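Bound state: 2C protein + fluoxetine.
Counting begins at 1 with the first residue of the sequence. Just so it is clear, the values below take in all heavy atoms, side chains as well, and ignore hydrogens, waters and symmetry mates. For ligands, and for the atoms within them, numbers begin at 1 and follow the listed sequence. How was it done? The header gives X-ray crystallography, 1.8 Å.
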Amino acid sequence: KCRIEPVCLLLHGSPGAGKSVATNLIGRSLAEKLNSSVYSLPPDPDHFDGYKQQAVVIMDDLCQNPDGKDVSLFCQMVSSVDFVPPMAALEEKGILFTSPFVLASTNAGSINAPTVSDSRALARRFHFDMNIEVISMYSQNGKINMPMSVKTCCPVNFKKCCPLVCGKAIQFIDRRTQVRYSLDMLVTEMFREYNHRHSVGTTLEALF
Ligand SMILES: CNCC[C@H](Oc1ccc(C(F)(F)F)cc1)c1ccccc1
Ligand code: NA
Ligand code: NA
Ligand SMILES: [Zn+2]
């Protein structure tokens with residue numbers, strides 16, 4: 001346990017609910033706070049082609065019934081263990097996974113791991129576990145309207161505001177408590193959690 005655990009978000013939404021744009025805006029806002037960038041993890045087995053310790057890793061379109069290999073990898077990523085992603089297949093040197101944020105999205109209502117033990121392990125890692133709701137005036141034919149939603153309407157974590165950012169077009173609902181957030185509010189909550197985990201007091205508390 002030498003690593004601070006990444007702060008992890010899981011977004012559940014129907015197809016066309018804006019999941020991919022939401023994770024890429026949340027990730028870019030967080031990544032810029034850390035003077036870094038976003039990396040989308042390839043879904044295929046050697047998942048880390050292009051990984052350069054970017055501050056934000058995104059996993060889009062998680063399936064409802066993941067492979068044991070996928071569960072295993074995810075549980076390593078979102079933990080305090082030092083580990084080297086599978087890079088030998090890419091003929092690239094082993095580098096440590098050090099990204100402090102992991103964002104994922106799924107069309108599944110609930111992720112079912114192979115065993116209930118694995119389901120518990122996933123649940124303790126999805127620190128922010130949120131449902132996406134698209135507001136009906138910003139959706140047509142089940143698809144979020146991006147021109148409408150990005151048109152400039154101030155926000156805390158973005159330069160300009162738009163319906164996507166301030167909760168007019170898309171909202172996030174906490175799956176446990178039903179508390180509701182805009183995208184802007186969610187970035188604040190996630191960065192606050194990152195600061196909590198890196199604070200001196202928190203890291204010292206772990207010595208007892
Ligand atoms: C074959 N297509 C799905 C492969 C895989 O799906 C996953 C689904 C769930 C998880 C979990 F649960 F977070 F571990 C991890 C991966 C995935 C999805 C997106 C990015 C990397 C891996
Ligand atoms: Na948490
Ligand atoms: Na509509
Ligand atoms: Zn706005």
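- All instances of fluoxetine are found at ligand 1.
- With hydrogens left out, the protein atom closest to atom 3 (C) of fluoxetine (ligand 1) is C63 SG, 3.9 Å, a heavy atom.
- Of the protein's non-hydrogen atoms, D70 CB, 3.7 Å is the one closest to atom 15 (C) of fluoxetine (ligand 1).
- With a 4.0 Å heavy-atom cut-off, fluoxetine (ligand 1) is reached by the side chain of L122 but not by its N, CA, C or O.
- Remark: minimum distance from atom 19 (C) of fluoxetine (ligand 1) to any protein heavy atom is reached at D60 O, 3.2 Å.
- Distances from fluoxetine (ligand 1) to the non-hydrogen atoms of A104 include no value under 4.0 Å.
- Among protein heavy atoms, atom 9 (C) of fluoxetine (ligand 1) sits closest to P66 CB, 3.5 Å.
- Here the heavy atom of the protein found nearest to atom 14 (F) of fluoxetine (ligand 1) is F74 CB, 3.1 Å.
- Those atoms of fluoxetine (ligand 1) that come under 4.0 Å of a heavy atom in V71, given as number and element, are 14 (F).
- Of all protein heavy atoms, the one lying nearest to atom 7 (C) of fluoxetine (ligand 1) is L62 CD2, 3.8 Å.
- Closest to atom 21 (C) of fluoxetine (ligand 1), if we only count protein heavy atoms, is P43 CA, 3.7 Å.
- The residue-level binding site of fluoxetine (ligand 1) (heavy-atom cut-off 4.0 Å) is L41, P43, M59, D60, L62, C63, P66, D70, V71, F74, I111, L122, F126.
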